[PDB]
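This file shows Estrogen-related receptor gamma complexed with 4-hydroxytamoxifen.
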Amino acid sequence: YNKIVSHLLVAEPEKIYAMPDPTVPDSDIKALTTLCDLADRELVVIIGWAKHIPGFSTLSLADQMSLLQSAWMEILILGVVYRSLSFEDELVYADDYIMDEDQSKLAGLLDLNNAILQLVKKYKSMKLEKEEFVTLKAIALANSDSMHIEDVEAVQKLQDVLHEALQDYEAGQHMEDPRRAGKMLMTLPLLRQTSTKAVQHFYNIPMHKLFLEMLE
Amino acid sequence: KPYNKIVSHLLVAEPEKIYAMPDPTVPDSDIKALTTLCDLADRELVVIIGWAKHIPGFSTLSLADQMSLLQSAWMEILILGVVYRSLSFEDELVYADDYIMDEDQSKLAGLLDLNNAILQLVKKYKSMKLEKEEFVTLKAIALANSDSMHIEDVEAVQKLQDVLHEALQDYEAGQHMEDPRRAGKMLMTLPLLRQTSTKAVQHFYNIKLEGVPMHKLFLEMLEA
Ligand SMILES: CC/C(=C(\c1ccc(O)cc1)c1ccc(OCCN(C)C)cc1)c1ccccc1
Ligand SMILES: CC/C(=C(\c1ccc(O)cc1)c1ccc(OCCN(C)C)cc1)c1ccccc1
Ligand SMILES: C[C@H](CCC(=O)O)[C@H]1CC[C@H]2[C@@H]3[C@H](O)C[C@@H]4C[C@H](O)CC[C@]4(C)[C@H]3C[C@H](O)[C@]12C
Ligand SMILES: C[C@H](CCC(=O)O)[C@H]1CC[C@H]2[C@@H]3[C@H](O)C[C@@H]4C[C@H](O)CC[C@]4(C)[C@H]3C[C@H](O)[C@]12C
């Protein structure tokens, strides 16, 4: 077994919940607010998780932040994609918040959710395992291509270590396909692309009580 | 060991130089630079379409899928081209032998942010010492792995990806045994290529929005 990959499994964060309020009228506003709150709570956990990635803490705090700033959305997206592998045309943002097509339209996330579903499809066909998922996650962070990195060589070494862990895992656990590690790496471009779409949509995406009182 | 068939075909199919040929009668300006790049791009894209037909297995996909792949990866192929041509240079982008943009030229063209992002790609490939054989293979892989949402025959496209991926892996095993993970490191550069290309396409349309390209037939229609 690969020590780094096994270590990554154990450092995997605990499940987080959306906890949507059932007495609140279902709406785009509710959905988006639920997702935003869920994301922020997942991110606090992600920041702590990173510190357990072998080598991450040896980087400067400036570089640690740069990597996290460049890859935070890719980590969130990869999480949802993974939790959705055993579902059909649905996204498990959380055990207590699974979105189907109709819910996506109502939240104005049809396009974006379908892109995320594109990722789920590829991973389904490859039968992505938990070991591969957590290693790819760490790789996405290490390979986030921030332009503000101070020690390029230290980040490259970080990438090389996680990359070796993945090929080592793939070499022993999947001899039926000697190109499986490469196929995993080839899914990163779509992850980066979908992550970019999500971030772009987040910005693109009031106080009626007080407002009505100001007019009164 | 002798290069496998795929890499051999790609090296032979590699297009001859293409010049930007900016109009000498037109004074320098942001509009000129952008007009020049657009014209070069269009001629390169014509050459790229013919080049793809020479990629083993591409002409076997339906014409709809051939189109989808090309419509998804055209900018990545063009960007990988400029990046490769700029490897032996420093802080300058070689769009063509007759069109090299340094920083001050980029600022004048309004392309500083985009060109700086393209130079980021150059920097990575320079440290890896990207070779021509790896370059032609990556262009082909970028085309097959473009991730279009309009693919009809997913398995056919997946097979094309595997054949090209194998060509790279085999090339690296025989040519760079000293680094058992060199093929993987090449593949890991694709995300930045996708990111920079998306950034370029978006900047292009923001340009045509606040205006862009000096249309030839335009003034003729008005003078007529
Ligand atoms: C796809 C759902 C989503 C987010 C999400 C994705 C995966 C996941 O596990 C949890 C949430 C999402 C929404 C908001 C968000 O904010 C981060 C910034 N904070 C500091 C305000 C992040 C992700 C989203 C992204 C762009 C526009 C609208 C919604
Ligand atoms: C970076 C230079 C560039 C182009 C380019 C890149 C690589 C290369 O080898 C040659 C040019 C560029 C400009 C226009 C363009 O148009 C394609 C669409 N046609 C059909 C109008 C493509 C690339 C560009 C891209 C977006 C905005 C401004 C300029
Ligand atoms: C949610 C949390 C604060 C929790 C709290 O109220 O105590 C804050 C503190 C640090 C924040 C993060 C940092 O500002 C770094 C990143 C900045 C990006 O623009 C968004 C994600 C990003 C990763 C942030 C997510 C988030 O809003 C964080 C994680
Ligand atoms: C330049 C050439 C025609 C030039 C001419 O002889 O007049 C045209 C004809 C078909 C065009 C292509 C097709 O419309 C398909 C693609 C559409 C994308 O938006 C740009 C690239 C794209 C790949 C196009 C590049 C280009 O503008 C093409 C290749």
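Note: chain IDs run A, B, ... matching the order in which the sequence lines appear. Heads up, chain A uses the PDB entry numbers, so what you see runs 234-438, 445-455. Sequence positions for chain B are given in the PDB entry numbering; the residues included correspond to 232-442, 444-456, in order. Read the numbers this way: they start at 1 and go in the same order the structure lists the ligands and their atoms. Method on record in the header is X-ray crystallography, 2.2 Å. Note: hydrogens, waters and symmetry copies are ignored here, and every other heavy atom, side chains too, is used.
The location of 4-hydroxytamoxifen, copies and all, is ligands 1 and 2.
Lab note: other chains with heavy atoms under 4.0 Å from 4-hydroxytamoxifen (ligand 2) -> B. Per UniProt, most contacting residues of chain B around 4-hydroxytamoxifen (ligand 2) lie in the domain NR LBD. Relative to atom 25 (C) of 4-hydroxytamoxifen (ligand 2), the option among B:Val313, B:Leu268, B:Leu345, B:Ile308 with the closest non-hydrogen atom is B:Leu345. Every heavy atom of B:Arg274 sits 4.0 Å or more from the atoms of 4-hydroxytamoxifen (ligand 2).
Under 4.0 Å from 4-hydroxytamoxifen (ligand 2), the heavy atoms of B:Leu342 that appear belong solely to its side chain. Not a single N or O atom of B:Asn346, backbone or side chain, sits closer than 3.5 Å to an N or O atom of 4-hydroxytamoxifen (ligand 2). Neighbours of 4-hydroxytamoxifen (ligand 2) under 4.0 Å (other ligands and ions): ligand 4 (cholic acid). Within the 4.0 Å heavy-atom shell around 4-hydroxytamoxifen (ligand 2) one finds B:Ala431. Comparing heavy-atom distances from atom 8 (C) of 4-hydroxytamoxifen (ligand 2) across B:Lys430, B:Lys439, B:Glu275, B:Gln433 singles out B:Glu275 as nearest. Counting heavy atoms only, B:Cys269 comes closest to atom 14 (C) of 4-hydroxytamoxifen (ligand 2) of the residues B:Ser428, B:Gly341, B:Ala251, B:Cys269.
The binding site of 4-hydroxytamoxifen (ligand 2) (heavy atoms under 4.0 Å) is made of B:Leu268, B:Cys269, B:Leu271, B:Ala272, B:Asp273, B:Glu275, B:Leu276, B:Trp305, B:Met306, B:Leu309, B:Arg316, B:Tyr326, B:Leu342, B:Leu345, B:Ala431, B:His434, B:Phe435, B:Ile438.
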Tabulation required: pairs of a nitrogen or oxygen in 4-hydroxytamoxifen (ligand 2) and a protein nitrogen or oxygen under 3.5 Å; columns are atom names and distance to 0.1 Å; otherwise 'none'.
unit_1                        : atom_1 : unit_2   : atom_2 : d
4-hydroxytamoxifen (ligand 2) : 9 (O)  : B:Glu275 : OE2    : 2.7
4-hydroxytamoxifen (ligand 2) : 9 (O)  : B:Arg316 : NH2    : 3.3
4-hydroxytamoxifen (ligand 2) : 19 (N) : B:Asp273 : OD1    : 2.8

